[PDB]
Amino acid sequence: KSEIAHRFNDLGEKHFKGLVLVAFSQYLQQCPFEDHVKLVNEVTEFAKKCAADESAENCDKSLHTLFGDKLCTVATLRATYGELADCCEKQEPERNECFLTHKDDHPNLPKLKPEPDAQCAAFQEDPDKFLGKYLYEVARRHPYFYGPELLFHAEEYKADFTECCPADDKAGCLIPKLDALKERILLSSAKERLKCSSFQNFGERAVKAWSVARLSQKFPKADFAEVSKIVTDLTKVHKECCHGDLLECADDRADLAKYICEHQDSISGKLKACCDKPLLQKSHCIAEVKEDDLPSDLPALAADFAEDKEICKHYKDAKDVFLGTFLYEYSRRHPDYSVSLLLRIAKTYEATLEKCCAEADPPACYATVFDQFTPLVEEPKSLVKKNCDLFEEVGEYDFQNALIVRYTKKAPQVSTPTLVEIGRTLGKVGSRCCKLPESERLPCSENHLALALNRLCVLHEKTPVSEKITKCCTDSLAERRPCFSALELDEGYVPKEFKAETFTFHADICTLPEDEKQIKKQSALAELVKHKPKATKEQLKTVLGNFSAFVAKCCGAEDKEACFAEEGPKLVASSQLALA
Ligand SMILES: CC(C)Cc1ccc([C@H](C)C(=O)O)cc1
Ligand SMILES: CC(C)Cc1ccc([C@H](C)C(=O)O)cc1
């Protein structure tokens, strides 16, 4: 009878409110925390009233009609959300589409600083207000965040403040936990944003293609019907989360985790650990599980996909199924490839059949189809080897700067804080992936790139500035990284006017932590490239090294400001000469 009641019964009071908190935070990102808790409570109260009397007035309304309605009751809508008010004129699902469109990928809120004893204080005072604040903060900063997974992280967050607040040294145990948690939030948010961007830009078939490749790798011992079934369910789960259908999304998630754990013996040996765990941890561990060992009975593949005389008929008869099988098969045996790579291979396979099967002797034509995969494989392998050598030689910061030069050359219209955030995330991929066993480096690298590039496409959606960026972001999901790789120096670009103040430094910088000092330098670097786009990376490395030296000297000076003031302008002009 009543959807609200149903979700309520299923989910429980705790998680139900949790996800309603997240839903709302993600929808209306600028509302005070208070205004959200009261909305959650109100809706939760209605839910209880429905759970007890499902016939009751309005209980039978859809979830979206009910949330939409509550979000439209919110204080100062037109002033606070001028765009959002128009959404309230509209009924469901129109209304919801409207909220979604008008969600903010870059709200640039205050950085979350963990003040350990001020928050340990608030935590003891009221643990529930404390954790719910964290859900709010995190949800509004990452409005497409995997909702269920946030509740999970919010629990780790509890366990941090639980195991650190009584401990005599607060900061020392707390600050690195919280920093690690933030690393994890950011990565998680980027995996999920890539999921939702794919639904929105490429659709369901593309998301399933991605899932089939990835789960085939993760569960190489599960047979095709089983991979199919999981992917079908998983896709549905992320589709609902991506449309803000969070309650529905959590319930389907629980069911799918129950399912996978019923069947774990025909899915993967690695699940055991995850199945002996409480609900949220189990879902998390399934989500993050490592690839199983490859089975000894993997079938040769030449027979079915290359030598068989009937391939065109099967391909013509059941396209998505045939290809699906191929992809399952090629991916089970290739944990050593990025999902992108597998998807590219699958397209070249499809494209070999369309070609061959319209010809005279198709079997003579498709007999060599495996051999077309070779150049697809070597190109990323090189990328990863070459960029890992560089990284191993010069370390994160230099590697980041190399990437900032690269990106600013390709898209000098993008704003400096974007190119710096990107270049930096891209170099963190070095840190993450290059250290790994060699056969692991390609998938780590390209899987991680897909996240940063998608983060770029997302920003570029809001603030479009380069056609070269639009084309890469919109032509093909599987071709994105290669399309990006291939951009050179935009030569239609007109160097940005020189503004000396931008390269002029002051004593303020000296009191910054290392992370932040780099950011200011790295920003100058982008700006150096904007003004001198034909300067080589080597030339810029030397200029910036000149800049670092000067910042370090003046920071260690008696009179930091006079040092900056005397030396800075000479360095600013002479450095222009170094970038011819
Ligand atoms: C259901 C889904 C797995 C079918 C399917 C199979 C292969 C492909 C690749 C990306 C292609 O476009 O050739 C897409 C979709
Ligand atoms: C291996 C990886 C960590 C280094 C790296 C960083 C960025 C790029 C982009 C796609 C480019 O080359 O344009 C490739 C490789």
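Per the PDB entry, chain A residues shown: 4-583, in order. Order of listing sets the numbers, starting from 1, for every ligand and every atom in it. The analysis underlying the following values was restricted to heavy atoms, covering all of them including side chains, and did not include hydrogens, waters or symmetry mates.
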Hey, which drug is sitting at ligand 1? ibuprofen
Which polymer chain has more close contacts with ibuprofen (ligand 1) than any other, using its name in the PDB entry? Serum albumin
Students should be able to answer this: which protein heavy-atom is nearest to atom 10 (C) of ibuprofen (ligand 1), and at what distance? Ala212 CB, 3.9 Å
Minimum-distance protein heavy atom relative to atom 4 (C) of ibuprofen (ligand 1): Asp323 O, 3.4 Å
Tell me the protein heavy atom at minimum distance from atom 6 (C) of ibuprofen (ligand 1), and give that distance in Å. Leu326 CB, 3.8 Å
How far is atom 13 (O) of ibuprofen (ligand 1) from its nearest protein heavy atom, and which residue and atom name does that atom have? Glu353 OE1, 2.7 Å
Could you work out, for atom 9 (C) of ibuprofen (ligand 1), the closest of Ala216, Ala349, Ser479 by heavy-atom distance? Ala349
What is the nearest protein non-hydrogen atom to atom 3 (C) of ibuprofen (ligand 1), stated with its residue, atom name and distance? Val215 CG2, 3.8 Å
For atom 15 (C) of ibuprofen (ligand 1), grab the closest protein heavy atom and report residue, atom and distance to one decimal in Å. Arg208 CZ, 3.4 Å
